[PDB]
Amino acid sequence: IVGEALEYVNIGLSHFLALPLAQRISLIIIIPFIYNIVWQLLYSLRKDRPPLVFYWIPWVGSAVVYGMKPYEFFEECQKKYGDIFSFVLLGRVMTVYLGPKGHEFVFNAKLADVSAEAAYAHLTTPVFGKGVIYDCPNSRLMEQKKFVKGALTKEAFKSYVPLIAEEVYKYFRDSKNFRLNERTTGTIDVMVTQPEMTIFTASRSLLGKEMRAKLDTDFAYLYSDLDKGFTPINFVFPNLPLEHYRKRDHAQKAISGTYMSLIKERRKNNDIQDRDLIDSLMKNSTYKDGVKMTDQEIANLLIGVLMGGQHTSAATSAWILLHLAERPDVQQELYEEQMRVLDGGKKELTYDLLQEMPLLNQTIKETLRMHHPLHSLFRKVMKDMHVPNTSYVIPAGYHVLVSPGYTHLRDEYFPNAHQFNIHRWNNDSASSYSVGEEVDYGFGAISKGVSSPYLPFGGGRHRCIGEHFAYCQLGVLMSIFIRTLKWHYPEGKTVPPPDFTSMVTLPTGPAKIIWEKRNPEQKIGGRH
Ligand code: HEM
Ligand SMILES: C[C@@H](c1ncncc1F)[C@](O)(Cn1cncn1)c1ccc(F)cc1F
């Protein structure tokens, strides 16, 4: 007789529903703790799954160590399990594939196998607005990228160089952090100066003079509010009836409103030129099926493009200054190249002359090797994926994570990888090189292979289209920094470690350097 036992299941259920509140909340905690632990041990025997990093807390997973020190986490997991392994992160399973094979597996994955917008839309759609980037099918994104890349031409860069130069000189003249007509030395926090210089230079060139003029007013604080809404917290908590979220949504509406105002003023006056990215998208933003982007979608695409470029570029010029601050030898070598290429300063800097500055471009290239601004790129797996030359299957509903910034730091691919050495790029100063066959996904021919161990701009359909703009901006900025200033660390300070929590690998601030004028008597003209 088992019937007697099934009575005691029923009895035990009734004795359970009647335990003291102390016993039950303790049971409410301990039942999923134990179940999680036993599920992982059962998981460890599936041979069609990559090894899964062990974690104590359910749902949270390895979120803490991953969020704080992702590269240290990857190295420890790589020593234990090899190059492919999974970990739990705030409710999701992330499968990491380290190394060049990982780059191929993720960046060159079939469109049907993985979805970037399914991973990212919750981060970005609340910040940028609807209908663009990741709030739209991949085919729409592919053509959005074509539209933006159409104002990112060599001819556009030739006109952007003197405009970016003007902004840098105006920032040296007017900003409280410098005031070079009044002060010959000073101390700056590069995490204060570089965000400002980046937004001023990117606004003037990509958005135009009107939009740049608005950053001289209270309007600039909307950018700070919108910027604060770009945060990993959006991945778990993208809308909370709280104040941070309200200034974000307000800023998005107010900034996109300002761009639509300009777009509609330009069209009401037929004042549509080739000045900036606004002119360009107004003339060129009709999809191949004949649908035109709305003025709202144009404005939102501007926000996302300007904000993406904001955080990668500002982080990078911060790291460049910070590495050069302890390398007066490198500053000296870069200064000599400035003097030779620009005839002692008697040539005005042009886009063409920037391309004849290999050591300056190698300094950018080397900073992007040691400080890849995005430590992790993500996709959501949409169809079960087999990992070649293994028995592993990554099931739909998992996410795949690739980290070229981690391979940038491996000695096997970059000897003495933790040493800043711009000369490892001698006779190889190009921002990136397609090492063979090319493919076009809708925004131009790009490298078909994505196996390069140096992959600062990703690859495949989601590859960056901002690299030449970033080199132009960083190049103008650094050419002027080098010709105008020397700089060094306060006593006993050195390169700060990265803060990875922002998802952008920023220097831990305050990161202070001391500048001094190379020509204490040099004056910057213009009105102020
Ligand atoms: C140092 C500067 C930069 C670095 C290292 C960088 C890095 C990257 C990487 C790694 C990706 C691939 C993302 C993924 O696969 O999920 C990407 C995509 C992209 N980036 Fe950049 N970026 C930089 C600057 C810029 C700038 C200046 C702009 C705009 C002016 C920009 C706009 C974009 C866009 C539109 C994409 C396409 C995303 C997609 O197709 O899903 N980036 N970038
Ligand atoms: C999604 C986002 C990101 N941020 C942080 N970790 C991983 C990421 F994928 C990012 O790739 C960053 N970025 C890349 N180039 C410039 N910015 C991005 C892409 C396109 C865009 F229009 C705006 C934008 F923020």
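Residue numbers run from 1 in the order of the sequence given. For the numbers below, each heavy atom of this structure counts, side chains included, while hydrogens, waters and symmetry mates do not. Counting convention: from 1, in listed order, for ligands and their atoms alike.
Here, the main chain in contact with ligand 2 is recorded in the PDB entry as Lanosterol 14-alpha demethylase.
According to the PDB, the drug at ligand 2 is voriconazole.
The protein heavy atom nearest to atom 25 (F) of voriconazole (ligand 2) is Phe230 CZ, 3.3 Å. Closest heavy-atom approach to atom 24 (C) of voriconazole (ligand 2) among the candidates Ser376, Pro373, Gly308: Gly308. Within the 4.0 angstrom cut-off, atom 3 (C) of voriconazole (ligand 2) has no protein heavy-atom neighbours. By the criterion of a heavy-atom distance under 4.0 Å, neither the backbone nor the side chain of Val504 is placed next to voriconazole (ligand 2). For atom 14 (C) of voriconazole (ligand 2), a protein non-hydrogen atom is found at a distance below 4.0 Å. If you check which protein heavy atom lies closest to atom 21 (C) of voriconazole (ligand 2), you get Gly304 O, 3.9 Å. For atom 12 (C) of voriconazole (ligand 2), the closest non-hydrogen atom on the protein side is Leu374 CD1, 3.8 Å.
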